[PDB]
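The structure described below contains aripiprazole.
Chains are lettered A, B, ... in the order of the sequence lines. Heads up, chain A uses the PDB entry numbers, so what you see runs 13-340. The residue numbers of chain B are those assigned by the PDB entry, with the residues present covering 4-55, 182-234, 241-354 sequentially. The residue numbers of chain C are those assigned by the PDB entry, with the residues present covering 18-62 sequentially. We number chain D the same way the PDB entry does; the residues here are 35-175, 184-228, 324-415, in that order. First listed ligand is number 1; within each ligand, the first listed atom is number 1. Technique stated in the header: electron microscopy, 3.1 Å. The figures that follow rest on heavy atoms only: side chains count, while hydrogens, waters and symmetry mates do not.
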Amino acid sequence: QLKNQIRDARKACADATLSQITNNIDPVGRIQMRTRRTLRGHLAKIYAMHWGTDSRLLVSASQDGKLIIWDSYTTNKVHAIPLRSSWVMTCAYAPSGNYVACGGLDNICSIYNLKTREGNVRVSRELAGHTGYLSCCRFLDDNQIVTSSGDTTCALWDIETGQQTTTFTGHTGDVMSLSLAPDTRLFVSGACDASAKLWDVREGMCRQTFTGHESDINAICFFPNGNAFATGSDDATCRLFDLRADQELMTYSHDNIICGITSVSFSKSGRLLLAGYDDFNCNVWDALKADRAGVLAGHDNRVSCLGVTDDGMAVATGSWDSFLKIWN
Amino acid sequence: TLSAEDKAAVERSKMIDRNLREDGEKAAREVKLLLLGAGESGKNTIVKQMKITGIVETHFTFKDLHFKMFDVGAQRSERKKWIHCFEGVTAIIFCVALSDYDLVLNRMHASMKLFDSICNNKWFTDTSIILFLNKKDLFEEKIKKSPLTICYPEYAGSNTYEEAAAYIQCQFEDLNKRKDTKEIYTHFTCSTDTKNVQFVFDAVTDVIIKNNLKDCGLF
Amino acid sequence: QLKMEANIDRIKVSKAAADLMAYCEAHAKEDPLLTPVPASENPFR
Amino acid sequence: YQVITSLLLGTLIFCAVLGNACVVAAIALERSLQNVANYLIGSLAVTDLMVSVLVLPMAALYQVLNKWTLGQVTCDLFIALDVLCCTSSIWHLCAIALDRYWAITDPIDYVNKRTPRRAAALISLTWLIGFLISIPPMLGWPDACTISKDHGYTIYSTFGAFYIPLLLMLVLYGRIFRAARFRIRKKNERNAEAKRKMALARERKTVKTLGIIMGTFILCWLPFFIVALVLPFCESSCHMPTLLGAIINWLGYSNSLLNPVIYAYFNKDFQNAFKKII
Ligand SMILES: C/C=C\C/C=C\C/C=C/C/C=C/CCCC(=O)O[C@H](COC(=O)CCCCCCCCCCCCC)COP(=O)(O)O[C@H]1[C@H](O)[C@@H](O)[C@H](OP(=O)(O)O)[C@@H](O)[C@H]1O
Ligand SMILES: O=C1CCc2ccc(OCCCCN3CCN(c4cccc(Cl)c4Cl)CC3)cc2N1
Ligand SMILES: CC(C)CCC[C@@H](C)[C@H]1CC[C@H]2[C@@H]3CC=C4C[C@@H](O)CC[C@]4(C)[C@H]3CC[C@]12C
Ligand SMILES: CC(C)CCC[C@@H](C)[C@H]1CC[C@H]2[C@@H]3CC=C4C[C@@H](O)CC[C@]4(C)[C@H]3CC[C@]12C
Ligand SMILES: CC(C)CCC[C@@H](C)[C@H]1CC[C@H]2[C@@H]3CC=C4C[C@@H](O)CC[C@]4(C)[C@H]3CC[C@]12C
């Protein structure tokens, strides 16, 4: 009854879709991009990456067990951290840049300190307690961190104490994605249940639920305005859900594309969206016209991660071929 | 052209790259194995035999060859979301408990289903599988009490171990649909600890030799 | 859990779409990806 | 008449250069093709490219004009370059056979002690043998110019350039064939029949590959070396025709372009890389 009531409420407010209003909006056209920098050095497939707030330094995690930080301006490797576990699938970069978190199949995503009196990297904190593989743990502040695990639960931990301050439960399937809003007050999550959940950090109870996907959700990313987000699944369709309308706006799909998706990102203005498909390619779609606007080739294996800088100067895409390509 | 700070950063990056290359070259000289099977198949027994909260890594050396074995059974989750990380392993050691043929989790059926799922996975098309059958003595003691028909209604035969073990091995080896690409090795675990290690070493050597022959175009 | 989810404010999607367009056009002039940037100020050159 | 021969020689040289350059570029640019096994193939391709662009055109010009019009010192340089390049190309086959035998028969060494330094050492050894064979005739010492016909020098060149590497290659490939056979041989009736059929197919494929590899090299090089060994020892029977000599020489030179086809164009990963390029 309650679910039927919610469905009726969300359906009754849909008479005009944004896609038809976007017809009057002029198309963005073809955005031709070329590889500006080619970061190399990984000897195994990479699984995740993050962009710094200064839009100059980036960090990546790969299967060989090395966490590498590159200076995108000069390609030089700044820091290389040897990891205890080589099965890492995620990494994160603190907004202040003092700490770096990384994890994987092991139930701990360790946080390392980059600012030490000895001038060398060292382990700062190990967050044990999860009973499943950690999909991704993202920094919330210099002392708080949000972690998404494969045990269908999320956890907010205090770095100084090492104990999870908050626990989020309710997902039936394992949560494979997690994105943080610019306000750092509420976050979206995506699981294999073909649905997404909007949570808020402070009170720690379920704020909203979105559905519509037909397969496991692998990627998620907040809209720059913070009132919307995008999700991707194995159904080769990108779905944009906004927190205030509580309904789907458009579906990005094409006949040519049939493989799944791995990463979703937004530009600085949010006009265009970037997706990384398993067919060793990236697709740049228009977030408004819902049509394809660009194709980024140049990867010899499945694309695993990609990310835009804070200032939007360039976008760096990684893949299983152990090479990172910077496009502007 | 380049300032002092830029030059120092260039040398630091070069040193880091050289160290990373050396570490990768050192790590590339190890044979990686992936362990799979049901929890009640006596995995720990063979683990402690060869070795003497998620991924369990076991490192051991034998006849100048180093083996790193990754056990994933310690955690339960969706297999199709992290198994691709194990692509490229030299071999998959599968564990099966014969004595669980008449235990309802049906345990033998679940083991066969898991073996079918793993063997025919697209990520392990070229990955060899080494099958181990654990607890043969207790199976011999149990088979004197119940026939094979409690688990295999469509099977008729004698209740002798020499035939029952062969039938189980044939049934397990008949599940693969890519016999040309991959071969399955079956061994019976015994009290002698060195026998399992020798069988694993022989299987790994055979797999390496077959891969080399395929690369040379002979096999 | 679902009992209290329905007790939220419900508005029209047209104003949300208008807000999305307004946010998109407001920052369109400050998007390096949207409009190609020359080498005069491009740091990746 | 000379026009047809010149055109055919130019076409052969052009095809050889194209093949060698394509193999070299594909090996150099690709990342998945950088390994110890492929380094020897790359060195062989570079050597054959050097033969095609440095030795083949001048020999073709000599054949077309039927006489040397470039000078005695030019002929000496041509002989030195041709001997060195041919010896290096021949010894590349022996080095590749030795590497394959070591990899197949010693898996522990393949896993642990196999490094590109081994391939570099093999290439350096082949070049050293080529130099030690090419230097002595000039170190110790008009319209038609030929290699010195000293019996001792001829015996040394033939033995250290073709016969010894041929014997080593034959022994290594026989051991490889024995090992491959040992590995291959080592309701249910249908499964047994399928296993026997697969074993027979693998045996046939191995036999075909070994036969092709041996026969190409044999037909390319053996008759020329037999002729070069027999001619100086019988001055009273040097009535052999020029046509047969030209045919033998060009058949021997065709090994330079035939080697990449057998060793590079027949690999599944190499043609996959070629398709990736297009
Ligand atoms: C007894 C009765 C009578 C019978 C006896 C007499 C007649 C006998 C004839 C028997 C046939 C002989 C030739 C066999 C041809 C053949 O079978 O090839 C088939 C089609 O592929 C191509 O042809 C690919 C060919 C394309 C190669 C490129 C050519 C064009 C390049 C031009 C160069 C210049 C370009 C710029 C199938 O291919 P294949 O099974 O033969 O391929 C194998 C290859 O032969 C092995 O050598 C190779 O081993 P390796 O190279 O040594 O490492 C194996 O890995 C495998 O690749
Ligand atoms: O009357 C004619 C007509 C036709 C003609 C065409 C070309 C020509 O160029 C000379 C090239 C010879 C072939 N080289 C000889 C050197 N050779 C080698 C290499 C290592 C060891 C050893 Cl022992 C040897 Cl021989 C490799 C193959 C001369 C003539 N003469
Ligand atoms: C310069 C070029 C034209 C020389 C080419 C020679 C080739 C085509 C000839 C020479 C000797 C021949 C091989 C001799 C021996 C065998 C072994 C047999 O079990 C299968 C065929 C096979 C493999 C023959 C196939 C074709 C063969 C390889
Ligand atoms: C088929 C390919 C791959 C290998 C074999 C090439 C053979 C068949 C071809 C290539 C070049 C040809 C030779 C080119 C030049 C001459 C010199 C002339 O005065 C007589 C014929 C002769 C000797 C030709 C005969 C046949 C030849 C040797
Ligand atoms: C300038 C460029 C286009 C030169 C192209 C050269 C390469 C790419 C060409 C020349 C001959 C071609 C090959 C000839 C024979 C075969 C065997 C067939 O069963 C699969 C394709 C394959 C393997 C072809 C693929 C591409 C190929 C290797």
Every copy considered, what are the ligand or chain positions of aripiprazole?
-> ligand 2
Find the chain with the greatest contact count to aripiprazole and give its name in UniProt.
-> 5-hydroxytryptamine receptor 1A
Chain letters near aripiprazole (heavy atom < 4.0 Å) = D
Taking heavy atoms and a cut-off of 4.0 Å, what residues surround aripiprazole?
-> D:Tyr96, D:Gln97, D:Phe112, D:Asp116, D:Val117, D:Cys120, D:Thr121, D:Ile189, D:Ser199, D:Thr200, D:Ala203, D:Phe361, D:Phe362, D:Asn386, D:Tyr390
Which UniProt serotonin-site residues in chain D are within 4.0 Å of aripiprazole on a heavy-atom basis?
-> D:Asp116, D:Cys120
Non-hydrogen atom under 4.0 Å from aripiprazole: UniProt TM segments of chain D = 2, 3, 5, 6, 7
